[PDB]
Every structure is written in C-alpha cells, then in structure tokens.
Amino acid sequence: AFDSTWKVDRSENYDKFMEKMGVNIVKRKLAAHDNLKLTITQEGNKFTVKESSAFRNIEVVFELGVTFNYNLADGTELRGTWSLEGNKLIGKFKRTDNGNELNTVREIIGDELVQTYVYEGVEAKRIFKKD
Ligand SMILES: O=C(c1ccccc1)c1ccc2n1CC[C@H]2C(=O)O
C-alpha cells in the first residue's frame, strides 16, 4: 500500500543532508520535515511523487531501474537511482560536486514508515506518518 498521500512527521539528521549535500534552506524550510508532503502515485514501473508545501512546490517521478534527478543550482544537485524489492524501496542519489554516493531505505514499520538515508558520512533518518 504505497500509492497514497504521505505526510512526514519527524526527521533525524535531515539538516545533515543540507550541509554535506549543500541543500538550500529556503527550499528546505518546509522540505526539512515540519511542513513536508510526500505523495506516492505508483504507475507501472514508475512512481509519481507530488510534493505539497505552504508556498513552495516539489515533484519527482520515479522509475524502478532508472537514475534520480534533483539538479538545482539554487540549492543542490543529486542524481542516483530507485528500486523496490518486494515490500521495500531503496532510492539513491549522487552529488555533482565529486560524485558523492547517497543511499536511502524506506521500510514499512507497521502503520508508519521508517526512512534511513546516507550520504558520505551523512546519515539521516526520518519517521513517517499519514494524513
Ligand atoms: O526532494 C529532495 C531534494 C533534494 C535536493 C534538492 C531538491 C530536493 C530531498 C529532500 C530530502 C531528501 N530528498 C531526496 C531524498 C532525501 C535525501 O536527500 O536523503
């Protein structure tokens, strides 16, 4: 049951990614965790991501077996991949600065989701909740 409206509750080391990856604050303001909306619209071998925020907006399509894209000179650029194994999804990114590796594993911890991301020395976790 991935396809649905997802609203992040709490986060851990999220700021960590903002520094090591150099993620802007203006965009991170609501994307940090407090006011971040992560939408899931699984479509075939690709999942649509609709992000909702106060004034800012974000979105990124996903495809099992394809690279991630988040190039933003205004904030940061991260390119990786995304794949799902059974009931678990493992996304990834890579910084253009020096091709830094970034890993993310989202598991279904019952009625909630426990996210764990890592990026060269920077590992950030994130507990999820639904609207
Ligand atoms: O959606 C983003 C984003 C990243 C860079 C620029 C613009 C948006 C995001 C925030 C936080 C995170 N992402 C991607 C997965 C997770 C992480 O990095 O670990």
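In order, the residues displayed for chain A correspond to 1-131 in the PDB entry numbering, which applies throughout. Worth knowing before you read on, the calculation uses all heavy atoms, side chains too, and leaves out hydrogens, waters and symmetry mates. Atoms within a ligand are numbered from 1 in the order they appear, just like the ligands themselves. The header says solution NMR.
- Short version: main partner of ligand 1, named per UniProt, is Fatty acid-binding protein, intestinal.
- The drug or drug candidate found at ligand 1 is ketorolac.
- Near ketorolac, within 4.0 Å on a heavy-atom basis, the structure shows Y14, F17, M21, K27, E51, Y70, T76, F93, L102, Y117, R126.
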